[PDB]
Amino acid sequence: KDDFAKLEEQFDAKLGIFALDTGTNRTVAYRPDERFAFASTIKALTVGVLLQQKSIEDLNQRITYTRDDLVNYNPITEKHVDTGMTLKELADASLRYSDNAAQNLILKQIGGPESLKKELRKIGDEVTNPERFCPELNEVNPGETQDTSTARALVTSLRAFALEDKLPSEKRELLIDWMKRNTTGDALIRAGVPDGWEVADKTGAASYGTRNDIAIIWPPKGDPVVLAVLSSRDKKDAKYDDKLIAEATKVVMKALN
Ligand SMILES: *C(=O)[C@@H](NC(=O)Cc1ccccc1)[C@@H]1N[C@@H](C(=O)O)C(C)(C)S1
């Protein structure tokens, strides 16, 4: 409690923390219901919904696109404009590289932010507010609730898809594999977790120094932890520091042990 305030003190930032130990039902909450721009963590839920709406076979559908559908951070999708990419390959790119264009293509496919919100409401997430495609292209100003969620809701919806019954097991397995194989999170939740332990995570970064990671974390032996660490700062062009996330993860891990 004061460890998390210490981190807020040390990094001049606001933290939102929610963790669930699914083995004991122990919880670690710190501003659990405070809203942050969810930023690219929404990609994990976007794929959950894609997977609910498609057989694994249907993920082989090819999606074509041009250079004009690519804006900022498209490491995978910029390599394939000639051929396009299948839904499967877009999911991989979106989750493991946070390919922004891949995300936009998947979001279109599922019916846009309106359909994403519909499906999240259906799983009992009253908080996550998808509003815009690309939502990184627009600022979430303090007090704005469009494209925001909370640590607690993000954990709840992530557990629903990844760990519970919102997906049949072969699709839940695909989601988990992609997340475990994320390339973008080494300095975040993964840097705060004990060595060896498996981590499936999805990162995000926006304006106002927003720096997020959501994860499922497995102990050698036992049930997983599901965790959201959301952060933001006072100023629109504020810098973030990944260390804040890693260190907040350390505190959660302490508290769970
Ligand atoms: C979603 O979070 C994406 N963010 C952006 O495109 C905007 C942005 C804002 C500030 C700094 C950098 C980028 C992509 N996801 C993150 C992430 O997964 O950490 C990237 C920084 C890779 S871009």
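For the single chain, residues carry numbers from 1 onward in sequence order. One-based numbering, in listed order, for ligands and for the atoms of each.
In the deposited model, most contacts to ligand 1 involve the chain that UniProt calls Small exopenicillinase. As for ligand 1, the drug there is benzylpenicillin (bound form). Within the structure, the closest approach of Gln103 to benzylpenicillin (bound form) does not fall below 4.0 Å when heavy atoms are considered. Within the deposited model, the covalent partner of benzylpenicillin (bound form) is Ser40 OG.
Of all the atoms in benzylpenicillin (bound form), the ones that sit under 4.0 Å from a non-hydrogen atom of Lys202 are 18 (O). Among all UniProt-designated active-site residues of chain A, the one at the smallest non-hydrogen distance from benzylpenicillin (bound form), rounded to 1 Å, is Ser40, 2 Å. Of the N or O atoms in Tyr73, none lie within a sub-3.5 Å distance of an N or O in benzylpenicillin (bound form).
Per the entry, the organism of origin for chain A is Bacillus licheniformis. Among the atoms of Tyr240, none of the N or O lies under 3.5 angstrom from an N or O of benzylpenicillin (bound form). The nearest protein atom to atom 14 (C) of benzylpenicillin (bound form), hydrogens excluded, is given as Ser40 OG, 3.1 Å; this is a heavy-atom distance. Counting only heavy atoms, benzylpenicillin (bound form) sits under 4.0 Å from the following UniProt substrate-binding residues in chain A: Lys202, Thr203, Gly204. The shortest contact between atom 18 (O) of benzylpenicillin (bound form) and any protein heavy atom is with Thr203 OG1, 2.4 Å. Remark: benzylpenicillin (bound form) and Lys43 share no N or O pair separated by less than 3.5 Å (distance only, no angle test). Taking every heavy atom under 4.0 Å from benzylpenicillin (bound form), one finds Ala39, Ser40, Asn72, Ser98, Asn100, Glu136, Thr184, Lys202, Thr203, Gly204, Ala205, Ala206, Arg211, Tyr240.
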